[PDB]
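Among the contents of this structure: HSP990.
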Amino acid sequence: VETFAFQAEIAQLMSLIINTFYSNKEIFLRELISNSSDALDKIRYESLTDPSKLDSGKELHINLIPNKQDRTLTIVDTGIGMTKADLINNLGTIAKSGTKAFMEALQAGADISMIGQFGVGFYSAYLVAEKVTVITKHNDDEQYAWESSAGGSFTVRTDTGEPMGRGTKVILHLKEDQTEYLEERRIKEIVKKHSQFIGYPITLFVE
Ligand SMILES: COc1cccc(-c2cc(F)ccc2[C@H]2Cc3nc(N)nc(C)c3C(=O)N2)n1
């Protein structure tokens with residue numbers, strides 16, 4: 001298990017998300033579904049010039065899986081996935097610029113729901129989760145588990161768990177007061193409200 005420091009700017013963003021009073025927490029789901037959709041668009045387009053990129057799985061979809069026993073909501077996609085370099089180097093580079101812009105927008109009167117416009121919507125997971133675990137597999141790289149409970153550090157390890165083919169699984173370990181996001185009716189309401197035109201099947205699993 002390797003432990004890494006977030007860039008100061010990203011730690012600052014995470015603290016803002018965790019600490020700011022903001023009741024409209026439900027937007028985390030739209031942000032993660034949007035990320036999944038982008039990842040699916042990316043593998044689909046790449047496969048037009050290299051069909052072998054789908055050898056790791058042809059089906060392009062999103063699953064939402066609540067588990068009341070574990071108190072987790074998992075968002076699974078069969079998108080492009082992330083390499084180790086993405087997790088430790090590349091995504092932090094884009095996150096730095098997006099965070100700066102988002103901060104400027106907030107000072108000028110924007111609100112937290114607009115986070116996705118700045119390309120850093122992933123961190124909205126921390127509106128509802130005390131810990132986020134991400135399992136990811138990109139073609140030609142290993143399966144990794146990324147994890148963070150904020151506090152300025154994240155971990156990465158090679159994942160020896162259930163092989164996933166290709167894609168990303170975001171596992172939200174929900175805060176004690178955010179268990180509404182495990183309820184079928186609530187998730188259905190939110191998907192209908194904010195994610196109705198996503199161009200991939202979204203299957204809401206039941207418990
Ligand atoms: C999903 O897990 C993680 C872990 C660390 C950082 C990010 C991240 C951060 C950003 F600022 C902007 C974008 C991302 C991710 C968001 C993402 N989600 C999904 N489902 N799939 C992919 C390929 C990505 C991706 O390419 N980038 N995402």
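One is the number of the first residue; the rest follow in order along the sequence. For this deposited structure, the header notes the method as X-ray crystallography, 1.5 Å. Numbering of ligands and ligand atoms starts at 1, following listing order.
Every copy of HSP990 considered, the relevant parts of the structure are ligand 1. Counting heavy-atom pairs under 4.5 Å, the chain with the most contacts to HSP990 (ligand 1) is listed in UniProt as Heat shock protein HSP 90-alpha. Residues contacting HSP990 (ligand 1) within 4.0 Å (heavy-atom distance) are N35, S36, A39, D77, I80, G81, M82, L91, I94, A95, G119, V120, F122, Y123, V134, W146, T168, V170. Each of the atoms 1 (C), 2 (O) of HSP990 (ligand 1) lies under 4.0 Å from some heavy atom of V134. The shortest contact between atom 22 (C) of HSP990 (ligand 1) and any protein heavy atom is with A39 CB, 3.9 Å. Below 4.0 Å from some heavy atom of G81 lie the following atoms of HSP990 (ligand 1), by number and element: 23 (C).
With hydrogens left out, the protein atom closest to atom 24 (C) of HSP990 (ligand 1) is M82 SD, 3.9 Å, a heavy atom. Atoms of HSP990 (ligand 1) found under 4.0 Å from any heavy atom of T168 (numbered from 1 in listed order, with element): 20 (N), 21 (N).
In the vicinity of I94, heavy-atom distances shorter than 4.0 Å reach the HSP990 (ligand 1) atoms 12 (C).
Heavy-atom proximity to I80, at under 4.0 Å, picks out these atoms of HSP990 (ligand 1): 23 (C). Shown in contact with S36 at under 4.0 Å from a heavy atom are these atoms of HSP990 (ligand 1), numbered in order with element: 20 (N).
Backbone and side-chain nitrogen or oxygen atoms of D77 are examined, and one is located within less than 3.5 angstrom of a nitrogen or oxygen of HSP990 (ligand 1).
Regarding atom 6 (C) of HSP990 (ligand 1), its nearest protein heavy-atom neighbour is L91 CD1, 3.9 Å.
Annotation: atom 12 (C) of HSP990 (ligand 1) to nearest protein heavy atom, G119 O, 3.4 Å. Close approach to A95 involves these atoms of HSP990 (ligand 1), each under 4.0 Å from a residue heavy atom: 11 (F). Among protein heavy atoms, atom 16 (C) of HSP990 (ligand 1) sits closest to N35 ND2, 3.8 Å. The protein non-hydrogen atom at the shortest distance from atom 11 (F) of HSP990 (ligand 1) is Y123 CE1, 3.3 Å. The nearest heavy-atom contact from the protein to atom 7 (C) of HSP990 (ligand 1) is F122 CD2, 3.7 Å. As recorded in the PDB, the organism behind chain A is Homo sapiens.
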